[PDB]
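Spike protein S1 in complex with AZD1061.
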Amino acid sequence: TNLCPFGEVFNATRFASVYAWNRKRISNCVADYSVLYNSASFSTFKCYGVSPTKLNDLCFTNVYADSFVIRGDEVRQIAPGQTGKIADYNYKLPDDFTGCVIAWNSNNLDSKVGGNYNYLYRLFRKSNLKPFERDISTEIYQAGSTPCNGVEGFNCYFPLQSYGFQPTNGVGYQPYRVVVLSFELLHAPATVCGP
Amino acid sequence: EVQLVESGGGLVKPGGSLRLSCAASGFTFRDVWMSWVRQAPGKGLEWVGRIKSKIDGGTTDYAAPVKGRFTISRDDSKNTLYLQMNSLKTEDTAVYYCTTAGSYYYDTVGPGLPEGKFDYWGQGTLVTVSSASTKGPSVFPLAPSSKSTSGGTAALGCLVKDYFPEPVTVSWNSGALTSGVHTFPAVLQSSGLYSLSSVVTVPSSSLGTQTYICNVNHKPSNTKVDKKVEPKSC
Amino acid sequence: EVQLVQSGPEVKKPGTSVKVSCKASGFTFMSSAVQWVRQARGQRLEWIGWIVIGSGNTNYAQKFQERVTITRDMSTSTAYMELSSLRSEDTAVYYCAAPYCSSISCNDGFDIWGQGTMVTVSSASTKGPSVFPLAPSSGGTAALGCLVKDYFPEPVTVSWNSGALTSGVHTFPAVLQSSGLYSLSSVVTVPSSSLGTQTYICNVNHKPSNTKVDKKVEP
Amino acid sequence: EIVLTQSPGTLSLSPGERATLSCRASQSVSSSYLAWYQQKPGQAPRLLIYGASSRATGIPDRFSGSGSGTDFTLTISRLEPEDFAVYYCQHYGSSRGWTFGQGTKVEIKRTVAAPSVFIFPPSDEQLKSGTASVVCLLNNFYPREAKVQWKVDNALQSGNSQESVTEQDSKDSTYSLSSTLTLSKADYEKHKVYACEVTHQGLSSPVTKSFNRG
Amino acid sequence: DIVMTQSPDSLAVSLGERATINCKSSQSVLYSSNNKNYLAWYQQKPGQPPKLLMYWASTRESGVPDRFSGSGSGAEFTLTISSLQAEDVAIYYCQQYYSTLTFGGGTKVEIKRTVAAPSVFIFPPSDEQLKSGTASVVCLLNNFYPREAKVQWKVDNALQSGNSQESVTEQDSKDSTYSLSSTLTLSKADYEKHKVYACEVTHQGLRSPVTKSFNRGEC
Ligand SMILES: *[C@@H]1O[C@H](CO)[C@@H](O)[C@H](O)[C@H]1NC(C)=O
């Protein structure tokens, strides 16, 4: 039958910025999670609440695949119960997370001579995010009591900021492509199963 | 080698049409936002139009002077960029560049550049819009003499006279002689034709032995001339 | 308790640079911003630039846009400003300023200020002052003093009778002579009647060289 | 960038009077980003007013800011003794281009006092170094402007005088300044009459003190 | 459209002197999302395609010398060659890539140089041209500075007028001189009724106006 189109997610050309991260629903297919572990060399493949060796034996209502790009020293924030700019302001996993996160170094794809300034993250925000929330706002962040009126200045700062992804950067500061697999088990029929 | 090779220009009557094209090699073309930039003779650079890669939508953008008449397109299977010009005006007379400029700040290519560079331009194709007719040039020698001699060196040259339109190309001895060649900018005579001079200094010792032949090629009139330039007693 | 503490005074030679620090303690630094200001001796306030601690985004005055840098270390709650290619006209006092912030929001004005950092830019070298007397030479009220001449860098302090003589004591600001060294005078007014009975010794301290001098002043 | 101009340069007011300080902008600017600072000598600036009309935490009521567009005013209703200082306005709109004014000094007003002028001969100990320092002293006078001309014998001297003036006293609210003529030892021993000429508002006619040596 | 405008239009300094170019945009080209100015500088020499010099306002392209330094922010930018060299004689355009692509008017940078007098040469018509009814006499001036050069054709000492045209070269990249060719064109009939054909050159580096001439009975 139909194979789950993991090539479209993992092998995409353009990846979303972390603040405007990207969800892809997966349904009506059979996934070979064993092959996914050995499909390549991933620098990270932490599973949560499931063993990927025995994930091929379960069925789920639907599977959500979230993908984006972050720094190397921020991949550790893509885990339950984390803190930091990426976890608090960009992409937040729940404490009861039941899925695997996956990452690999993408200096070959997402860094540029003189600086790649197309990859952005959220710097300022009024509050931390709820799990799986996504804020793509762009309004000037009011830090004082004076209203900003859509104009940058003192105490009026633009909410987003860009990685200066350079090829000669250290691997901690290099771009990494994260892909998070969420598994949902509801009262409905299950359309995504192993072999 | 990464290279941009434009082609398909010359003389075209006003209100007419013409397709420029640019053949690229040496890089992954399909990932680059290519633009055309033009330059009227003696004037500055003027952006004509960009087309984005297929990954980023393929959306085109044109400048107002040409929006409504020009059409840019790709053939990624042949790594060629096109520019369709219709209802041509005399203010379109310019040399046209295909270029990768403006792209690397947005496109998907990474740091692995084949030569550490990302900004590339072709040599350029000139388009003359004119209701005038083509005319081949007359090639006349400028003979070396005691009147063109000082300190062991001797100037000689070629006269490329009464032609339309630009350009002509001039090489000496089939490209063997290159050192010391000056080609003067063409001047537009009032009759509407062009004229320029190509000179080269040589050691006068050789004048009795060496053969100097200037090869003039004028593409729009399909005229090719090879002229022996011999010494004359003055 | 809520403050900005800057570096110590600097003496610098032309062509070099200088990096002043500004460590904040007492408030939410990561949401604040630091601006940099200088002011020469007895002159107006000159704006240098400012940085946003959360982003590090900087903006310098057109006057310094080439030869100035402003940076921040969040882990030490410190802003730095670096001025390149120091000239004599850079001899000034440098200030950092920030608005108080809390866990909630920030103030809408630069209300916190540092102590101020003196930066002397000169080609001179450290030297101890040669103090000289001003001869006291009416029916009453006489004038005497001493002259602190040729020293570098600033400052020098002047006491009279080890802090006993305070009324009528005028210690003037220094001036910068052509030779590149400073020179300042000090004066007291004393009753002419007790010119011979009372003994007047003026005390001088120039800490940048450990030079300390007391000098008697007699008619 | 934008330019701010404060008016006037100096205010001469007594305690309890009313000071009006003006700050005029070269272009129209937003009231949200105009501030006023106070500064005593040796201290850092101190924020009185922000947002043109708001007082910073703990500023007495007698400080009041007003304005909009290009004309901004700071008013001190009844002048306290702890209020005589230098005042600056600052515009800080946009992320770039901020500026200060040239500043207005506010000083205590008092009845005119004339200077008592003292001239000083150089020390014998100093002549051994090769240079001579003649010193003129003006003591406890108001107002602050004055002129001290140096006359050697009867030759007016120019280009070899340096001046230095104090802050006005907190007791008698007067000023004091010193001018030090500088000459080489050789040029000093050639002339005999060294005179210091002082003009001041409180002086009916100019005052000359001098000595005979050299 | 976003509109680029440069000042000045032309620029001339001695070897090793400082050259500056200015660029003004209609809107700001500072992108808030990354605090980057989206503009570049290009250099172009005659007959060549332009070469990228600077991008992101200040980022040098590889191979560009250190004399080149981009600066500015928002809508006001400056390109500065710190010590102009003989091979920087070109036209320098500023380009924005913030919204599509727009180039400025360009700025021509030229080298001020020590005076050089020209070498005057002269060629008579070809028998091939005379076969067709016309006689073109060429005059050639070699390696002169400044550019201002007066070339008058005399024919048996009769000043000519309206029958000659000139062409100047690019300023040389090595010794910064100019060359020039002036073509006098007569009919074959009018050409044979006269004897002496002369090229008279007035130039600054010449004491008296120099003449290169030839006789038709000696050619
Ligand atoms: C992505 O492509 C590579 C080779 O093109 C392949 O080995 C890999 O399995 C692909 N990814 C997925 C998820 O299928």
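Numbers restart at 1 for each chain; the letters A, B, ... are given by sequence-line order, proteins then strands. The analysis underlying the following values was restricted to heavy atoms, covering all of them including side chains, and did not include hydrogens, waters or symmetry mates.
In this structure, every copy of AZD1061 sits at chains B and E. Lab note: other chains with heavy atoms under 4.5 Å from AZD1061 -> A, C, D.
For chain D, the entry uses the name light chain of human monoclonal antibody Fab AZD8895.
Of the chains of AZD1061, most heavy-atom pairs under 4.5 Å with chain A belong to chain B. Per UniProt, most contacting residues of chain A around AZD1061 lie in the domain BetaCoV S1-CTD. The epitope of AZD1061 on chain A, taking heavy atoms under 4.5 Å, comprises A:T13, A:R14, A:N107, A:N108, A:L109, A:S111, A:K112, A:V113, A:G114, A:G115, A:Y117, A:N118, A:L120, A:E152, A:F158, A:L160, A:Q161, A:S162, A:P167. Using 4.5 Å as the heavy-atom limit, the residues of AZD1061 facing chain A are B:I55, B:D56, B:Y104, B:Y105, B:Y106, B:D107, B:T108, B:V109, B:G110, B:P111, B:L113, E:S32, E:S33, E:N34, E:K36, E:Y55, E:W56, E:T59.
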